[PDB]
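Entry featuring apramycin.
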Amino acid sequence: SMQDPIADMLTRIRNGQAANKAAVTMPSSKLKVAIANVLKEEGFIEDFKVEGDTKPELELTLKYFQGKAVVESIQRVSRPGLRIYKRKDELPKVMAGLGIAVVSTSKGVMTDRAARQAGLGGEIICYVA
Amino acid sequence: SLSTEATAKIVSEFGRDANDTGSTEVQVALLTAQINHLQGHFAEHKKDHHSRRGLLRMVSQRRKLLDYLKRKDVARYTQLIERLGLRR
Amino acid sequence: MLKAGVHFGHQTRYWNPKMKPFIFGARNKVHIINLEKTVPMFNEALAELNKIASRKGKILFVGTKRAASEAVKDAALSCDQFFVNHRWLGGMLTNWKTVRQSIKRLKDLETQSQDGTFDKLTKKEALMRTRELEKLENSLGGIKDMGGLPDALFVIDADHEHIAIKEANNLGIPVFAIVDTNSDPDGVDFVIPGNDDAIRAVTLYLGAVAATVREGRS
RNA sequence: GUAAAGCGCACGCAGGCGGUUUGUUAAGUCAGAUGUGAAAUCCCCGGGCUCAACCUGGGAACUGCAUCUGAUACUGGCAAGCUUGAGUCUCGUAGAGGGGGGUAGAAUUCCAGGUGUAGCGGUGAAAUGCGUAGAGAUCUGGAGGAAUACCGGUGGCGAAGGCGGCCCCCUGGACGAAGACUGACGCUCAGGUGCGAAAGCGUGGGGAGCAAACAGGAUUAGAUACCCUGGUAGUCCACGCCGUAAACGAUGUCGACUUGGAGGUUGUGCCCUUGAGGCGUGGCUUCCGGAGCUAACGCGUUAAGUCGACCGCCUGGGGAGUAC
RNA sequence: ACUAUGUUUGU
Ligand SMILES: CN[C@@H]1[C@@H](O[C@H]2O[C@H](CO)[C@@H](N)[C@H](O)[C@H]2O)O[C@H]2C[C@@H](N)[C@@H](O[C@H]3[C@H](O)[C@@H](O)[C@H](N)C[C@@H]3N)O[C@@H]2[C@@H]1O
Ligand SMILES: CN[C@@H]1[C@@H](O[C@H]2O[C@H](CO)[C@@H](N)[C@H](O)[C@H]2O)O[C@H]2C[C@@H](N)[C@@H](O[C@H]3[C@H](O)[C@@H](O)[C@H](N)C[C@@H]3N)O[C@@H]2[C@@H]1O
Ligand SMILES: [Mg+2]
Ligand SMILES: [Mg+2]
Ligand SMILES: [Mg+2]
Ligand SMILES: [Mg+2]
Ligand SMILES: [Mg+2]
Ligand SMILES: [Mg+2]
Ligand SMILES: [Mg+2]
Ligand SMILES: [Mg+2]
Ligand SMILES: [Mg+2]
Ligand SMILES: [Mg+2]
Ligand SMILES: [Mg+2]
Ligand SMILES: [Mg+2]
Ligand SMILES: [Mg+2]
Ligand SMILES: [Mg+2]
Ligand SMILES: [Mg+2]
Ligand SMILES: [Mg+2]
Ligand SMILES: [Mg+2]
Ligand SMILES: [Mg+2]
Ligand SMILES: [Mg+2]
Ligand SMILES: [Mg+2]
Ligand SMILES: [Mg+2]
Ligand SMILES: [Mg+2]
Ligand SMILES: [Mg+2]
Ligand SMILES: [Mg+2]
Ligand SMILES: [Mg+2]
């Protein structure tokens, strides 16, 4: 009964890309906004905005290249039924470095590459290839 | 059952105002009134299993509301149950 | 604009959901093509047709419905290009090495009929070859002189001539199709929204294409 | 789903999981340090036995554990909230939803009588059977039980099992419109509890029709059957058991998202309501079909697609859902 | 109307 809003956000992206939709809207949370920030900086989504005051709606602008969805694979890793925490030396490399692993560290949400530079581990939120 | 006047009396007497119909005390009191009212019906119609299901739904809802009220603030919980005649 | 009034799309119930970008708010259970989006795509289709005609390419005009058979034939002949106005043969393009033998047979009977041995032989088998001729000519007359695969394919109805489109798709031949609201604009390389059955619309498309390839041959 | 595998269905304790914001904590998590992680073994560079095996130096490793210090994004704890999830109230709607009473008409059977007469009944054909002791047919009256023709509809309601003549009484749920209220009160659920077709069982009634068993007649090589003529339990009612079905959508529940078309049923908003209409918006339903999925069949917004939570279950066929 | 059956084992 909606026990994983993060996986819901990833599914909306995955289903929106499969449906070739321009944008996907969803209820907003600061964790979703943090994840959307990482996706935008990595180039997987064009943009996002958080319109709304008391019930904010985060809406992401999906990105298509040559008629194909930019996000080919987007997969939740640390689900509520099974949490995944990785130390710095065992952070995952997605698509041999061509993808990103969104990681929640004590210094914020970043990529696996950014977390490796910062020398931190944390929760593996998702893989984005 | 639980006619409009009976419902209106309960919410006024267990709620803050006449529009405080969503308070846990009002909801528990409304469920308690219907559960007590249906007691006579099921004494006569002991084979009315389909209606029993609605009654047991009321009992389960009241139990969950009471657990929430106990967890939130026990003082109102203890006050409510003695005012309604609960805990067996 | 230069084309309004003539064409209005099919009924809503038969609409292909992949035609939504080109649909402009069906009026009364009948879809209306967005002509504002029709004008640029049609121009770029014509522009590309001009370019390959400049490369001296072959344009095959494929319209098989009765209301557009003659229009396709005259337009292709006027712009001295090839056409298929009757039943498309499955494998006209993909099975060319077999249909090539068939147009060869058609050409031999053409010489036989006009100038060869066609009345110096038994009459029953004579008109047997006669009746074979128009059959073989009304199916392959428009492509007698291809000599190979065409370089472009202009289609009047995308879904009706779906066989030709996917024959071109797997062969790598660009497709310029008049895709109506009940067709899938997937195999078409250059989608042109608009009617696929109205006589005025089809002749208008064909006249524009016939003119454009003529200027491309200069 | 069909290969083994979704409990028959539901409620629900423990457990697992849990919307959104702020603060705090630092349990999980992460970082660093220190201690320890025996040696041997393994591995990497070497060295010595003529080589190798073997022996051996050094190092890496021992992926662990504990302590201290720090980080605070996430999860957890605590506190305060918020409204989207969930629930309450107001008005209305449809329904074979349930329980208890009453009642109506048709028909069957039986009982009595009138008319009337030699067949009736049954089958593939027959016979058993019924009939001159008066059948069958027809008409009148009466008794009794059971079920509710048409409506009736891939119609509706119910968690499932199931539920249809009509009327009354008691009663459950669902849905819609507009608001107001409470303010995660939620989801799932091992054990547990409840409901749960038919058959069956117990007690007491009832018994028209049908009918296991049984009997007779046929059929047949045989016929412990199919068919015919009868016919007991049972089918009905009350109460109490049983607790199983191809209890099936062979598809667990909950939530989210993802092209369409044609209907049905039931609300509701606006507009030319001009009239059953047009444009929306809900709930529940049927068919087809796109992507996608699938071994294929096929499913396809009511998914068997894309995901998340929890539960149940499977691990070749038999032996065996059997023994103990 | 209504019949039943078709020995074992190969390329
Ligand atoms: C409306 N969905 C239907 C579903 O409905 C079921 O679940 C719904 C849940 O709400 C219920 N409302 C409904 O009452 C119930 O029946 O039942 C299945 C049964 C399944 N054997 C299959 O049959 C198909 C066959 O597999 C196929 O061979 C045949 N061609 C067509 C059949 N539909 O497809 C249907 C179809 O998926
Ligand atoms: C105007 N025609 C109809 C309307 O009738 C009424 O509309 C107005 C009220 O709104 C009244 N003023 C008017 O007098 C009356 O005629 O009721 C709705 C009911 C709605 N559930 C839906 O069902 C259809 C749905 O499309 C779907 O549920 C199903 N597939 C098929 C249903 N017929 O579409 C019809 C349709 O819009
Ligand atoms: Mg089987
Ligand atoms: Mg199976
Ligand atoms: Mg089931
Ligand atoms: Mg439950
Ligand atoms: Mg529990
Ligand atoms: Mg949370
Ligand atoms: Mg700690
Ligand atoms: Mg050596
Ligand atoms: Mg070392
Ligand atoms: Mg050691
Ligand atoms: Mg915290
Ligand atoms: Mg917290
Ligand atoms: Mg408050
Ligand atoms: Mg259990
Ligand atoms: Mg029971
Ligand atoms: Mg029974
Ligand atoms: Mg009995
Ligand atoms: Mg019998
Ligand atoms: Mg079973
Ligand atoms: Mg059933
Ligand atoms: Mg089963
Ligand atoms: Mg289908
Ligand atoms: Mg499947
Ligand atoms: Mg047993
Ligand atoms: Mg034998």
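Naming: A, B, ... by sequence-line order, numbering from 1 per chain. Determined by electron microscopy, 2.3 Å, according to the entry header. Remember, it's 1-based here, ligands and their atoms both numbered in the order they're listed. As a textbook-style caveat: the illustration shows part of the entry, and contacts are counted within that part alone.
Across the structure, apramycin can be traced to ligands 1 and 2. Going by the PDB entry, the chain with the most contacts to apramycin (ligand 2) here is 16S ribosomal RNA.
Chains touching apramycin (ligand 2) with a heavy atom below 4.0 Å, listed by letter, come to D.
Closer than 4.0 Å to apramycin (ligand 2) lie no other ligands or ions. Residues touching apramycin (ligand 2) within 4.0 Å, heavy atoms only: D/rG263, D/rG264, D/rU265, D/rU266, D/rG267, D/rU268, D/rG269, D/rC270, D/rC271, D/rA276, D/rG277, D/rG278, D/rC279, D/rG280, D/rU281, D/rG282, D/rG283.
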